[PDB]
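Next up: a structure with silmitasertib.
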Amino acid sequence: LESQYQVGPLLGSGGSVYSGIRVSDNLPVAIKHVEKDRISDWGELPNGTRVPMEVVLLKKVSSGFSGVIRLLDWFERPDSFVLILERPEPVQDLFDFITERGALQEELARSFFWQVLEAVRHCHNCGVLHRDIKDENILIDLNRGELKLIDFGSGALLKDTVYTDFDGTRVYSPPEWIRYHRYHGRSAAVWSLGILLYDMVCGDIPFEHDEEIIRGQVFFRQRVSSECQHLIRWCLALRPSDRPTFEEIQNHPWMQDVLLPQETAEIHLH
Ligand SMILES: O=C(O)c1ccc2c(c1)nc(Nc1cccc(Cl)c1)c1ccncc12
Ligand SMILES: [Cl-]
């Protein structure tokens with residue numbers, strides 16, 4: 001009936017997301033609506049029910065692991081789908097967080113960035129490729145210091161062969177996409193993570209136009225340490241095969257002695 005939930009106010013659109021409470025528990029949730037007409041990419045659930053790929057991917061990552069948003073439930077309507085998603089409270093998305101705090105201290109960027117890496121690796125381990133990693137698609141559970149990856153609407157099943165379709169954010173896409181319309185999932189993901197790390201520590205993204213992406217020359221507009229500059233420049237190698245693996249990123253020197261999430265909440269967030 002979908003009145004297991006009380007809909008509250010619109011939180012935004014880009015489908016459309018509203019705030020809600022589960023009626024049992026009063027558990028907080030996000031209610032996301034997606035029009036069938038606007039959905040390009042579809043899958044089949046284990047029972048072979050036709051659903052948006054978004055839902056397939058959410059169930060595949062679904063888990064006790066808190067670094068990826070939990071899909072609590074979903075409904076099909078004549079012309080739409082509705083997803084019941086987890087809502088942290090208090091919460092704030094990383095784009096707003098950075099917009100208001102500016103460039104982040106490296107300690108805090110390290111914790112954040114690490115948590116994002118752990119979430120992305122969990123996605124890849126569950127056979128899922130996000131394809132739209134960026135500040136707007138990351139939520140901060142302000143009390144626990146835990147980040148949550150959201151919005152699998154542009155995702156795909158992870159594969160080892162080449163992708164020739166892309167539907168995520170252009171300014172996070174890698175040079176191979178812009179000029180050949182071809183990428184591999186992991187290396188493109190590593191590129192976007194480089195953009196994101198640069199955004200964390202410089203307070204904005206490094207490239208606006210396609211010409212810039214393709215030239216891939218990185219200028220630091222803020223004071224960033226050499227270790228962090230190195231890691232970023234590596235993730236943003238032009239040649240996909242010169243990018244680090246996730247293991248090399250997490251073994252990188254800038255990335256050592258990460259804070260635990262709760263420490264992170266205590267020092268930077270409360
Ligand atoms: O898409 C998901 O997987 C997805 C999943 C969870 C949330 C979400 C998107 N979007 C939120 N906010 C939001 C705010 C403005 C515009 C839009 Cl489109 C969404 C939000 C807020 C609080 N708790 C969970 C969520
Ligand atoms: Cl530091």
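In what follows, residues are counted from 1 in the order of the sequence shown. Start at 1 and go down the list; that is how both ligands and their atoms are numbered. Per the header: X-ray crystallography, 2.4 Å.
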- Message: I'm trying to find silmitasertib in this model - which ligands or chains should I look at?
- Response: ligand 1
- Item | silmitasertib (ligand 1): macromolecule with most heavy-atom contacts, named per the PDB entry | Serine/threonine-protein kinase pim-1
- Message: Mind listing the residues near silmitasertib (ligand 1)? I'm using heavy atoms under 4.0 Å.
- Response: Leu11, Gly12, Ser13, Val17, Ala30, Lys32, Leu85, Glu86, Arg87, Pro88, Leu139, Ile150, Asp151
- Message: Can you name the atoms of silmitasertib (ligand 1), numbered from 1 with element, that are less than 4.0 Å from a heavy atom of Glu86?
- Response: 6 (C), 23 (N), 24 (C)
- Message: Can you figure out which UniProt domain of chain A lines most of the contact region for silmitasertib (ligand 1)?
- Response: Protein kinase
- Query: Heavy atoms only: which UniProt active-site residue of chain A is nearest to silmitasertib (ligand 1), and how far, rounded to 1 Å?
  - Reply: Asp132, 9 Å
- Item | Under 4.0 Å to a heavy atom of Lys32 - the qualifying atoms of silmitasertib (ligand 1), by number | 1 (O), 2 (C), 3 (O)
- For silmitasertib (ligand 1), which atoms sit closer than 4.0 Å to a heavy atom of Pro88? 23 (N)
- Query: For silmitasertib (ligand 1), which atoms sit closer than 4.0 Å to a heavy atom of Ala30?
  - Reply: 7 (C), 24 (C), 25 (C)
- Ligand-side contact atoms (silmitasertib (ligand 1)) for residue partner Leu11, heavy atom cut-off under 4.0 Å: 14 (C), 15 (C), 16 (C), 21 (C)
- For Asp151, take its heavy atoms, then give the atoms of silmitasertib (ligand 1) lying under 4.0 Å from any of them. 1 (O), 2 (C), 3 (O)
